[PDB]
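Below is one structure, written out as structure tokens, with a few remarks after it.
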Amino acid sequence: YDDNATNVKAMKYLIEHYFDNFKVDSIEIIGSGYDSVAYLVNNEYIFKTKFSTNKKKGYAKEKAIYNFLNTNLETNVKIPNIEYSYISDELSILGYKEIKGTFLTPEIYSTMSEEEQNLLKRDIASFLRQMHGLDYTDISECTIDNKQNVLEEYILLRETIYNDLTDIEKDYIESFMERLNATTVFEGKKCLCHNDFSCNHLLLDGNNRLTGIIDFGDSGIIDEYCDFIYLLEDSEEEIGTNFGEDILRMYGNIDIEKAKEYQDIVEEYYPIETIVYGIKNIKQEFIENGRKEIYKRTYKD
Ligand SMILES: CN[C@@H]1[C@@H](O)[C@@H](O[C@@H]2[C@@H](O)[C@H](O[C@H]3O[C@H]([C@@H](C)NC)CC[C@H]3N)[C@@H](N)C[C@H]2N)OC[C@]1(C)O
Ligand SMILES: Nc1nc2c(ncn2[C@@H]2O[C@H](COP(=O)(O)OP(=O)(O)NP(=O)(O)O)[C@@H](O)[C@H]2O)c(=O)[nH]1
Ligand SMILES: [Cl-]
Ligand SMILES: [Mg+2]
């Protein structure tokens, strides 16, 4: 919070300016990202906002995805439904009715009965099955090639800071690139994926059932494996590897060992992704964090 509550005031002003008949009675910051801030307005609406950003056309795609899904999905699981939007280079805002519920965490999962956990898993698999099964023709432009993206990111590294890196850093990168070249995990089914499908985006109702999913801001047509990456993740923020496995078995018709290889490859990539983000957005701290993380990983066992 600020002394002038300046942030909330500016955003109040912008919301009321751009959405002619919209009246802000209350407004608080409910989240923030790398270059975004999310607000809860009138205890009822979520407004996601961003100023000038490296990924332009970002809130436009995300909007198009919400519209495609609200038209085409048949599910009881809620997702954002965009009522207000303002999109420009210098400012983008998306407003939708807040989905009510509690975000899944490791702690909450641990308190659930075995059966509750099973049902949650079933609900997740069933949603992913339905989304991955959609004919995505009407959003065929929202395509993401991860391998190619990584190859282009590697070139950017080589054109920028690569020569200043340590040998240890270089070896980490090259060793990953060799793995990227040898793997077959990009050669499988492509489909519409959420693509940031981690438990901080999953909402539970009062019966610990899946009631909503948020933040399709990275969604697109991509490898089917993508949506299992965080479900398979072993970390403090995610539930655990067995959670993802079970979900994969419920989901069915998918090579689990390849999903894991996909996840493991993306995990290996994370510090490099972090470096790249720092380069592209001119934020040194990200470059430094990624490089340090390479050393932590190098010295792990
Ligand atoms: C903006 N969407 C995601 C971003 O949220 C972030 O994804 C995070 C992702 O970074 C996070 O995992 C990474 O970061 C973990 C921790 C440092 N997160 C703060 C440690 C493990 C590592 N795989 C996941 N547990 C949750 C996931 N939503 O990175 C990729 C991305 C495309 O920028
Ligand atoms: N309860 C609830 N919270 C929401 C909803 N939409 C957004 N939020 C809150 O706002 C936060 C930020 O929303 P989100 O779409 O994830 O923002 P973002 O700009 O894409 N950031 P990031 O991609 O890093 O998660 C969420 O973590 C959550 O706290 C919603 O419908 N319901
Ligand atoms: Cl640095
Ligand atoms: Mg997001």
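Throughout, numbering of the chain's residues begins at 1 and tracks the sequence. Keep in mind that the numbers below use all heavy atoms, side chains included, and drop hydrogens, waters and symmetry copies. Both ligands and their constituent atoms are indexed starting at 1 by order of listing.
In the deposited model, the macromolecule with the most close contacts to ligand 1 is named by the PDB entry as Bifunctional AAC/APH. At ligand 1, the PDB records name the drug as gentamicin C1. Residues touching gentamicin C1 (ligand 1) within 4.0 Å, heavy atoms only: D196, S198, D218, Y230, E233, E237, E238, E267, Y270, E273. Remark: gentamicin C1 (ligand 1) and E233 share an N or O pair separated by less than 3.5 Å (distance only, no angle test). Considering only non-hydrogen protein atoms, atom 15 (C) of gentamicin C1 (ligand 1) sits nearest to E237 OE1, 3.7 Å.
In terms of protein heavy-atom proximity, atom 10 (O) of gentamicin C1 (ligand 1) is nearest to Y270 CE1, 3.6 Å.
Gentamicin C1 (ligand 1) has an N or O atom lying under 3.5 Å from an N or O atom of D218, backbone or side chain. Among protein heavy atoms, atom 29 (O) of gentamicin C1 (ligand 1) sits closest to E273 OE2, 3.7 Å. Of the protein's heavy atoms, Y230 CE2, 4.0 Å lies nearest to atom 9 (C) of gentamicin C1 (ligand 1). Result for chain A and gentamicin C1 (ligand 1): the nearest UniProt active-site residue and heavy-atom distance (1 Å) are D196, 3 Å.
The nearest heavy-atom contact from the protein to atom 23 (N) of gentamicin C1 (ligand 1) is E267 OE1, 2.7 Å. Nearest protein heavy-atom contact of atom 28 (N) of gentamicin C1 (ligand 1) is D196 OD1, 2.7 Å. Every N/O-N/O distance between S235 and gentamicin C1 (ligand 1) stays at or above 3.5 Å.
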